[PDB]
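All residue numbers in this chain count up from 1 along the given sequence. Every number for a ligand or one of its atoms is a count from 1 in the order of the listing. The figures that follow rest on heavy atoms only: side chains count, while hydrogens, waters and symmetry mates do not.
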Amino acid sequence: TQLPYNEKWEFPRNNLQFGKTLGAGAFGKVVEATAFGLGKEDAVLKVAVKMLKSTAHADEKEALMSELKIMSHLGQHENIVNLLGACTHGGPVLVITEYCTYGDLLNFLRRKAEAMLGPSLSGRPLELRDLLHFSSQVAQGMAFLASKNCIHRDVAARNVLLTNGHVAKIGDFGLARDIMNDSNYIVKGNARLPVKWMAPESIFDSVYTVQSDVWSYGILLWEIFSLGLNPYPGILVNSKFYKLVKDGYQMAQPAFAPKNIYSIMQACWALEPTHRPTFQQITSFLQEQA
Ligand SMILES: Cc1ccc(NC(=O)c2ccc(CN3CCN(C)CC3)cc2)cc1Nc1nccc(-c2cccnc2)n1
């Protein structure tokens, strides 16, 4: 965008020691690293570093810079993936963020479920309160983005990261996601879209607002209280699916959701955008439950 990059984030690329890859897309990837003398307190930290692959070209580079500019503009919040620094001089653009010990929320829930079933068939197990905290925290992060007039457009469990103390943060893999081979992204003409997460006005009118994010959050809520099931499971995205969503078809109550939380999901799925709850409403409600 036309936003400026502030060099207050500038970090020496030689002060990074790279480790394993945390995720990889077609033209970008995220790599774990250690930063030496990062931040006000000169900390020595494990961080995440987004960068372009050798396959990337000019457009991919302009996108990575825009993402960096946006993250600066956003500010910092406990429930988003915070920008820690950047390397824009003397080499490829490097974007440095917080490292989240437990990875994405979706995989975490799935592995946790398997580990809990283990004793019967094959750290501590999840309780309902953990799910409420996760949901509450993601809502706080989304409410923060909404207060900045910032539209996420891909709210989902795969884009939520869990850090120390199991605190959920909302992020965006962007170039570091392999959408080309991801079955959660459907080929809708020009682009590949997370259709099962999208609001009807987004699907049909290409309209993205804070409210269409609220819809997608409802789908996320479903993911959490089913412990990481695919939305609309078994249902092929086609003309019938599109028409169904448009006529108010909604998923059934997840196995682990209290009627309370499922009512919240349904509210998020109001066909009329302005009838859906705000992120601050969702936040206040969930905080009390948790
Ligand atoms: C390294 C990096 C660089 C950038 C980002 N970006 C964001 O987190 C983000 C969040 C919100 C926005 C807002 N944006 C507004 C416009 N719309 C269209 C998109 C959203 C942009 C970027 C995250 C990361 N971090 C990241 N990415 C993937 C995986 C991991 C990761 C994995 C495991 C452990 N620790 C970290 N970490």
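The name given to the drug at ligand 1 is imatinib.
Ranked by contacts, the chain bound most extensively to imatinib (ligand 1) is, in UniProt, Macrophage colony-stimulating factor 1 receptor. UniProt assigns most of the residues of chain A contacting imatinib (ligand 1) to the domain Protein kinase. The UniProt active-site residue of chain A nearest to imatinib (ligand 1) (heavy atoms, to 1 Å) is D154, 6 Å. When chain A is restricted to the residues UniProt lists for ATP binding, the ones with a heavy atom within 4.0 Å of imatinib (ligand 1) turn out to be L22, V30, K50. For imatinib (ligand 1), the heavy-atom contacts closer than 4.0 Å come from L22, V30, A48, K50, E67, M71, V81, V95, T97, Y99, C100, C150, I151, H152, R153, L161, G171, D172, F173.
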